[PDB]
Visitor: 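Here is meropenem (bound form) bound to beta-lactamase.
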Protein chains: 2
Amino acid sequence: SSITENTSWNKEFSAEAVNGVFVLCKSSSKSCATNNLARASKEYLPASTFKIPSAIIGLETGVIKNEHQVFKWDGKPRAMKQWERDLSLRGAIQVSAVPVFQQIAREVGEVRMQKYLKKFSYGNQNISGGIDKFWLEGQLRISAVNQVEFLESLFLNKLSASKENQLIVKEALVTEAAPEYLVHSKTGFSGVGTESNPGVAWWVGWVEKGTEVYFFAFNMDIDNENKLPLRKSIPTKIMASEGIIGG
Amino acid sequence: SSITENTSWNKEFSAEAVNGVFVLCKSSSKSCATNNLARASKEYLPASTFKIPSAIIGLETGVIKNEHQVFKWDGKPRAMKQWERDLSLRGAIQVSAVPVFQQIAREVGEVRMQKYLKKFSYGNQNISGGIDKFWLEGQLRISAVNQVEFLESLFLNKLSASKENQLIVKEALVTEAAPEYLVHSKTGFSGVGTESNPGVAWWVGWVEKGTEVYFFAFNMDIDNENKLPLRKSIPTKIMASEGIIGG
Ligand SMILES: *C(=O)[C@@H]([C@@H]1NC(C(=O)O)=C(S[C@@H]2CN[C@@H](C(=O)N(C)C)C2)[C@@H]1C)[C@@H](C)O
Ligand SMILES: *C(=O)[C@@H]([C@@H]1NC(C(=O)O)=C(S[C@@H]2CN[C@@H](C(=O)N(C)C)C2)[C@@H]1C)[C@@H](C)O
């Protein structure tokens, strides 16, 4: 990757009082821009952004049968009422259905999971702490620049998985469609943590706009869920200002 | 297929004085509804809806290299200024760029084109009238019911083409995304014909909403370009009233 620190976006962060980073790459990870070089490479819990590799792994191992898979609710009281119904793959991704991806991880298992994270060069690749908890509460960490490299590889069909599985997950990540562009994205929020050691909120993805592609990763410190809306609005304003999406 | 004629949508057509048909199927073509059974099976020129099979055929023959193929603008005047730029596959479909699709048809050739439309069971499979004009001015015709059957095969990956190429075209047809659904669609419009021999406007697609799928095909007589907006608003109004899309 090739990254250059910026000052143009700082006011989008200091107007809202946020400590975080945005990484934005035009065409490829050979042209990235960021407001904060050091934080662009610091690794944080992926939280629900780990549903992107885990759905790819779920498909590649056969645990997710194909793009038509339905994830059927068993009837076990779920932590969220939005999790209490049958979901499609896109649906389980959208509402970050925790029990759905916990079951995928247990069916995948430790060995295969370790193997696919090494092939994908995903973060510190540390999955200790429990096979169905490592991305939520365990030791896995990944940086904003590594997220971008991972998304670009998915975008190019370069991950070690069939092209068909990569295409299935990219379609499942569409979140905004317009005549000139498609936005593929995924949020994450690790929780509030403390005020002294805050959690992290994320928003990573890519925009295909005409013949161009823009990759992006955003993360921020968050100690109050009421600050959750800035995880999308800061990056959205930045991208709207570069003429990438409508915002 | 299995289709039931209905009267609860006729008000949408009569209020705008349009003569047309809407075919809407839930889950599969075994469960279709329509306002007009007879017109639902009548065959019309496909016009730009023909970009769907044409994109799949271009990919399958290798004329279109992969999903990142760019269709470069040579700088010479085109019939519409929206076609006057380099275009991605989604971009070329969205603006139904004629010259891009004429060039694709010329490289696929008559023989392969006939073979694939026999494989796809696409309408009357008559490609006479010029290898680059048949779907716009030639003898090719296809009904609303046949469009639904074809889209359902594409949805299930049952067309005789790789799953990867079918998946690429499904994602290029995405036109609306919302947390609970994606809409995949494609417009069509043959020309105004006459007051007595009207042209035809289309809107075909499918909606993935949660774990459900709804396929749709809408066509109407049109003798004036100003009536073109109805081709999306009648069907949108009908789907919104059934609770499928949020409008
Ligand atoms: C994954 O990160 C967790 C998951 N992801 C997020 C996300 O939007 O980043 C949610 S946020 C949570 C539900 N709605 C939020 C709200 O109250 N706001 C103020 C917007 C709180 C969810 C926590 C996955 C492990 O559950
Ligand atoms: C293909 O059917 C013709 C093509 N399709 C359409 C269509 O939308 O039905 C268009 S005309 C319509 C108004 N002009 C277009 C544009 O303004 N949009 C991008 C909204 C849409 C065109 C006639 C094809 C052969 O070109």
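Here is how names work: the chains are called A, B, and so on, in the same order as the sequence lines, proteins then strands, and each is numbered from 1. So how was this one determined? The header says X-ray crystallography, 2.0 Å. What you see below is based on every heavy atom in this structure, not just the backbone, and it leaves out hydrogens, waters and symmetry mates. In listed order, ligands and their atoms are each counted from 1.
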Visitor: Are any other chains within heavy-atom reach of meropenem (bound form, ligand 1) at under 4.0 Å, and if so which?
Guide: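 By heavy-atom distance, the answer is A.
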Visitor: Going by the order shown, which atoms of meropenem (bound form, ligand 1) are within less than 4.0 Å of some heavy atom of A/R231?
Guide: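 Heavy-atom distances to A/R231 below 4.0 Å select 7 (C), 8 (O), 9 (O).
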Visitor: What residue and atom sit at the other end of any covalent bond from meropenem (bound form, ligand 1)?
Guide: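 Covalent, to A/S48 OG.
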Visitor: Any non-hydrogen atom of A/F50 lying under 4.0 Å from meropenem (bound form, ligand 1)?
Guide: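 No, A/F50 has no heavy atoms under 4.0 Å from meropenem (bound form, ligand 1).
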Visitor: Does meropenem (bound form, ligand 1) have any atom sitting under 4.0 Å from a heavy atom of A/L136?
Guide: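 A/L136: in contact with meropenem (bound form, ligand 1) (<4.0 Å).
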Visitor: Is A/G188 close to meropenem (bound form, ligand 1), meaning an N/O of one under 3.5 Å from an N/O of the other?
Guide: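 Yes; the residue has a nitrogen or oxygen that sits under 3.5 Å from a nitrogen or oxygen of the ligand.
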Visitor: Within a distance under 4.0 Å of any heavy atom of A/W83, pick out the atoms of meropenem (bound form, ligand 1) and give their elements.
Guide: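 So the answer, numbered in order with elements, is 26 (O).
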Visitor: Is the shortest distance from atom 1 (C) of meropenem (bound form, ligand 1) to a protein heavy atom below 4.0 Å?
Guide: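 So atom 1 (C) of meropenem (bound form, ligand 1) has protein heavy-atom neighbours under 4.0 Å.
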Visitor: Considering non-hydrogen atoms of the protein only, which is the closest contact for atom 21 (C) of meropenem (bound form, ligand 1), and what is the distance?
Guide: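 Atom 21 (C) of meropenem (bound form, ligand 1) sits closest to the protein heavy atom A/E225 OE1, 3.2 Å.
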Visitor: Identify, by atom number and element, the atoms of meropenem (bound form, ligand 1) in contact range of A/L228, meaning under 4.0 Å from any of its heavy atoms.
Guide: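 In order of number, 11 (S), 15 (C), 16 (C), 18 (N), 20 (C), 21 (C).
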Visitor: Which is closest to atom 5 (N) of meropenem (bound form, ligand 1) in terms of heavy atoms, A/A97, A/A201, A/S48, A/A47?
Guide: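 Selected option, by shortest heavy-atom distance: A/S48.
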Visitor: List the closest protein heavy-atom neighbour of atom 26 (O) of meropenem (bound form, ligand 1): residue, atom name, distance to the nearest 0.1 Å.
Guide: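 The answer is A/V98 CG2, 3.4 Å.
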Visitor: List the closest protein heavy-atom neighbour of atom 13 (C) of meropenem (bound form, ligand 1): residue, atom name, distance to the nearest 0.1 Å.
Guide: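 Nearest protein contact, heavy atoms only, for atom 13 (C) of meropenem (bound form, ligand 1) is A/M80 CE, 4.0 Å.
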Visitor: Let me know which other ligands or ions come in under 4.0 Å from meropenem (bound form, ligand 1), please.
Guide: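 That comes to none.
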Visitor: Does the entry name an organism for chain A, and if so, which one?
Guide: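 The entry gives Pseudomonas aeruginosa.
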Visitor: Students should be able to answer this: which protein heavy-atom is nearest to atom 23 (C) of meropenem (bound form, ligand 1), and at what distance?
Guide: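 The answer is A/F189 CD2, 4.1 Å.
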Visitor: In this structure, which residues build the binding site of meropenem (bound form, ligand 1) when a heavy-atom cut-off of 4.0 Å is applied?
Guide: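 Residues with a heavy atom in range: A/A47, A/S48, A/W83, A/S96, A/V98, A/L136, A/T187, A/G188, A/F189, A/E225, A/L228, A/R231.
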